[PDB]
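Written below as structure tokens is the structure these notes are about.
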Amino acid sequence: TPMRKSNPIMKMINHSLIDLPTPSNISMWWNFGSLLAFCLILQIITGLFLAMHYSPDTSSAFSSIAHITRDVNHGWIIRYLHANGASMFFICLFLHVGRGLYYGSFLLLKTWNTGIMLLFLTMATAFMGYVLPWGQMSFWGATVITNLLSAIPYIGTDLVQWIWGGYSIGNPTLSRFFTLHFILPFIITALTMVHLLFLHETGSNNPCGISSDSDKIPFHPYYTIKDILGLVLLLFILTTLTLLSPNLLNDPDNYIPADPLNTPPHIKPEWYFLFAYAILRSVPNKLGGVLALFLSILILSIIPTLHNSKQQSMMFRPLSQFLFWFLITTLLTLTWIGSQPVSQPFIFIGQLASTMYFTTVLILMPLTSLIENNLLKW
Amino acid sequence: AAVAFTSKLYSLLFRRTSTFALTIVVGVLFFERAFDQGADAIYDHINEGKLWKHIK
Amino acid sequence: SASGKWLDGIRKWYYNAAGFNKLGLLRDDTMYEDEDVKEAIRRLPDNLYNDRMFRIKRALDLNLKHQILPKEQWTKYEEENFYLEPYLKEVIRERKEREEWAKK
Amino acid sequence: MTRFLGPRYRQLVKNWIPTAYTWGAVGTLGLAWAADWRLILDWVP
Amino acid sequence: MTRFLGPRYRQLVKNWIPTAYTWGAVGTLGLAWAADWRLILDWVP
Amino acid sequence: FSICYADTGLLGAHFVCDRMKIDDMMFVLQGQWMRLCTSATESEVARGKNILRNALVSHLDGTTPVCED
Ligand SMILES: CCCCCCCCCCCCCCCCCC(=O)OC[C@H](COP(=O)([O-])OCC(O)COP(=O)([O-])OC[C@@H](COC(=O)CCCCCCCCCCCCCCCCC)OC(=O)CCCCCCCCCCCCCCCCC)OC(=O)CCCCCCCCCCCCCCCCC
Ligand SMILES: CCCCCCCCCCCCCCCCCC(=O)OC[C@H](COP(=O)([O-])OCC[N+](C)(C)C)OC(=O)CCCCCCCCCCCCCCCCC
Ligand SMILES: CCCCCCCCCCCCCCCCCC(=O)OC[C@H](COP(=O)([O-])OCC[N+](C)(C)C)OC(=O)CCCCCCCCCCCCCCCCC
Ligand SMILES: CCCCCCCC/C=C/CCCCCCCC(=O)OC[C@H](COP(=O)(O)OCCN)OC(=O)CCCCCCC/C=C/CCCCCCCC
Ligand SMILES: CCCCCCCC/C=C/CCCCCCCC(=O)OC[C@H](COP(=O)(O)OCCN)OC(=O)CCCCCCC/C=C/CCCCCCCC
Ligand code: HEM
Ligand code: HEM
Ligand SMILES: O=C1C(=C2CCC(c3ccc(Cl)cc3)CC2)C(O)=C(O)c2ccccc21
Ligand SMILES: O=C1C(O)=C([C@H]2CC[C@H](c3ccc(Cl)cc3)CC2)C(=O)c2ccccc21
């Protein structure tokens, strides 16, 4: 035998990414998982460096970041890279989800469920990093997200006070944010390995939705060079964002330190969250609002159950495709509404967008699938 | 027959992997310096009169 | 009555919109292989099995090459063969019978 | 589903009812004992 | 070991000497280029 | 095998395998090729020369092969 197959560690590597049988015909939409992994690695490295200069204390957090960006050699670009890498991470994440919704890869149940877990974990992590600078937006974001558990009817307020460690947001809460933000990424790493373990038991779905076991090619050299090309492209975009236009996504209100006595007139979270914010804004009831907020993501878990089609992929299903793109526009609409004041036109538009989101996932797609079946005479 | 440039290049340098690697390190040594100098020249030239190196 | 011609009209429209005929594929080729479908495929005679396998490989190759067949070679709506339906119906009957035994 | 409507399934469910409510008792009393839930524990002599 | 004393092993080592010193050149120049090691790089025109 | 023509030829190998052992066999064959290109030694070469001598003299036995030659 070759050494490639002489040994358990080596043979696992070989079954993973040398002699793995991959479909010949998968497209660019399948590159975004490797880019996700790359992004995780980038974040961990840049974070370990930042960590050695940051101060988890409310009387010096802000100024520690000032110190990083002004006195540490090239510290400014390390900061820039961390912040922009998070944004890239979520871009890839959203595109990665959407692929699977379009091409019917949710029928790999274990992979799909571990994906949902990973989405949740990544969001938690990103939010707990966003409050560390202790600027004016960070503070009130913390406040809202930790008051969320007050909606639990019997035990909520006590949960809030047990997470605060006191009567209010304060120094004891910031160190908790920092410990959790430190530890979560590694749990994410382990669960990613489990995710891929589950994947390699079946292999990759493909655009046509039919079995590809007659035309499998090896992962090396084809997809090795293909993914390397994808990485080069991602690095070009990331560099241009870091050096040529660093302030594109930046928010001025987080360059004012925190003031516990004043909330600013215009409130806006980080962009990858706006849509949830809009959903949360759309229900005139506290408990109902929070419930909707969490269901908006948890609803992905029952898509496999509502599947009626005989065919797996939307490639050959046009009515389906039309609905898919309408759903994507509803999400864009929620993102846009999240940016606007809480005033009447936007209130009404947001409520319609929310009802149409759930409607579409839960009702319209199942019924169009049945119509489609009937048109093909089965 | 026709001693052509790329064939000499293959036979002298690229045929053996060690020598290919050596060629690569030697090329990067000189590319780095030439490329830096060109870029710095262009940059300096785009905004003459505004950099403190010369105002000094 | 006319209603037959009308329904067949919309059905032909939907078939051309789907476009698996552009790849040289039959409808029964495009099913997802659940348990029953795999058992129906097991039951095919050799000639049908081999024809199916080649047709599918050819579609995959075209998809790899972002191309389609010449229009002259597209599958036409009026002369298609539902070769797998009969076997599938039998498989499903058998499973239904067993279920019905299991509740007594 | 529609499959699980029939005689055997009724008989089979009846077979497991007692074990079900016994595990229910176990879970309820354990929760109460673990959270010193006075609403239940104040009635224990 | 004592096994690897003999004619074939001498011939075999001679076969690989040149590749060995070429990889040595690669490693040395790379280290120097990577650490801007002036001790070597000051002699490059 | 070696198959010669006037201006060209084929130089290679032929084998039969069980379907689960094609990859290993290709690996072994190409590895022997690389070995000869990079690392040959005198002791084996001597053996090969003797095998070739024996073949040449063995073939030319009887009139038919000689006429044909
Ligand atoms: C100061 C900042 C400077 C920044 C500079 C940035 C420079 C970036 C350079 C990037 C170069 C990339 C090169 C990649 C080569 C890869 C080769 C390869 O294999 O590709 C395969 C890959 C496709 O993969 P695949 O295997 O075919 O699978 C895909 C599908 O499954 C296939 O499915 P299908 O076949 O069904 O699909 C067919 C069709 C489907 O077609 C449709 O769906 C229909 C579309 C119709 C459009 C009609 C026009 C618009 C709508 C008008 C409608 C009417 C309006 C009426 C209004 C009325 C109002 C009253 O889709 C296509 O054919 C798409 C092709 C084009 C892709 C474009 C990609 C854009 C990337 C943008 C990057 C932006 C970020 C840059 C960084 C910025 C930093 C600040 O891509 C290609 O084949 C195309 C390669 C070439 C792409 C070039 C892109 C150049 C972008 C330049 C942007 C510059 C401006 C930036 C602005 C920034 C603002 C902030
Ligand atoms: C979320 C927080 C609150 C959670 C509270 C939990 C409430 C429920 C607690 C139940 C405890 C008793 C369960 C016994 C189950 C035995 C099953 C079994 O197999 O037994 C036979 C087995 C094997 O026995 P055996 O093999 O010799 O024979 C058994 C054969 N039969 C059954 C026929 C007799 O025995 C064991 O080895 C069981 C070991 C169980 C060890 C449990 C340790 C206690 C852990 C829970 C208490 C601590 C909670 C702390 C909460 C703090 C909150 C702030
Ligand atoms: C510890 C810190 C200091 C370390 C310094 C390292 C010094 C040595 C650097 C050597 C660089 C060049 C090696 C080339 C080897 C190519 C082998 C090969 O298989 O090539 C053919 C292969 C395949 O080519 P092919 O398949 O098309 O054909 C090859 C066939 N032959 C050989 C016959 C022509 O090409 C590759 O894909 C090789 C990619 C190599 C990528 C290397 C990236 C650079 C990484 C090192 C530099 C950065 C160091 C940073 C240090 C910072 C310190 C502060
Ligand atoms: C910094 C700000 C960032 C803002 C947010 C960025 C992410 C959202 C981007 C939205 C726009 C994305 C446009 C992508 C290009 C679309 C091109 C297109 O329409 O091509 C159609 C073409 C048709 O091909 P086939 O049907 O396969 O057949 C062809 C072979 N014969 O390709 C497709 O349809 C492939 C579609 C794949 C999925 C695309 C998903 C895009 C959006 C994903 C993210 C949306 C938000 C999250 C959704 C899920 C939420 C639970
Ligand atoms: C002092 C300045 C620095 C000098 C640096 C010198 C080294 C430069 C870089 C050299 C890289 C290595 C090139 C040669 C690798 C040879 C590998 C080898 O012979 O093993 C191949 C063979 C392949 O396996 P099979 O497939 O089973 O083979 C069957 C074939 N039919 O064996 C293997 O499995 C691979 C074994 C790998 C061994 C690698 C050894 C690396 C040694 C590095 C030393 C570095 C020293 C640095 C010193 C720094 C100063 C203190
Ligand atoms: C840190 C987050 C994640 C990482 C690092 C990751 C990584 C990967 C990688 C490398 C692949 C290989 C195939 C490919 O790139 O398409 C993959 C496939 C897949 N991922 Fe994930 N993923 C993540 C999150 C998710 C999420 C959020 C979902 C779904 C909600 C998901 C569902 C899937 C599925 C279904 C596949 C296989 C689909 C197919 O092959 O057709 N993953 N993932
Ligand atoms: C999935 C992985 C990660 C994500 C998504 C993430 C995200 C973020 C975000 C969005 C910020 C705030 C950016 C800003 O305020 O401009 C941040 C800050 C920070 N993160 Fe990360 N992070 C990750 C991994 C890590 C790791 C592993 C560490 C290890 C210590 C770390 C350490 C820090 C530190 C110290 C800060 C504060 C410094 C600053 O605000 O510039 N991060 N993180
Ligand atoms: O990119 C991958 C992939 C993997 C390649 C190696 C990546 C990776 C990431 C980080 C490190 Cl340190 C090493 C390898 C992880 C993703 C993997 O397992 C698949 O199964 C797959 C299938 C289709 C298309 C692409 C892929
Ligand atoms: O009022 C808010 C608000 O409502 C949120 C919200 C946004 C959505 C978040 C969210 C929670 C859970 C999930 Cl799964 C996704 C997003 C929770 C915090 C903020 O992020 C915020 C930031 C800064 C100032 C004010 C605010």
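Chain identifiers are assigned alphabetically (A, B, ...) following the order of the sequence lines, protein sequences preceding nucleic acid strands; residue numbering begins at 1 within each chain. First listed ligand is number 1; within each ligand, the first listed atom is number 1. Excerpt of entry shown; contacts counted in excerpt.
- At ligand 9 one finds the drug atovaquone.
- The macromolecule with the greatest number of heavy-atom pairs within 4.5 Å of atovaquone (ligand 9) is, in the PDB entry, named Cytochrome b.
- Every other chain with a heavy atom under 4.0 Å from atovaquone (ligand 9) is named here: A.
- Here atom 5 (C) of atovaquone (ligand 9) lies nearest to A/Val144 when heavy atoms of A/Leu280, A/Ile267, A/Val144 are compared.
- The closest protein non-hydrogen atom to atom 17 (C) of atovaquone (ligand 9) is A/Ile145 CD1, 4.1 Å.
- Counting protein heavy atoms only, atom 7 (C) of atovaquone (ligand 9) is closest to A/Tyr277 CB, 4.1 Å.
- The source species given by the entry for chain A is Chlorocebus sabaeus.
- Within the set A/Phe273, A/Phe139, A/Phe294, the minimum heavy-atom distance to atom 10 (C) of atovaquone (ligand 9) is found for A/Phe273.
- At a heavy-atom distance under 4.0 Å, no atom of A/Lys268 approaches atovaquone (ligand 9).
- The residue among A/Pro269, A/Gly141, A/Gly338, A/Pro264 with a heavy atom at the shortest distance from atom 23 (C) of atovaquone (ligand 9) is A/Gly141.
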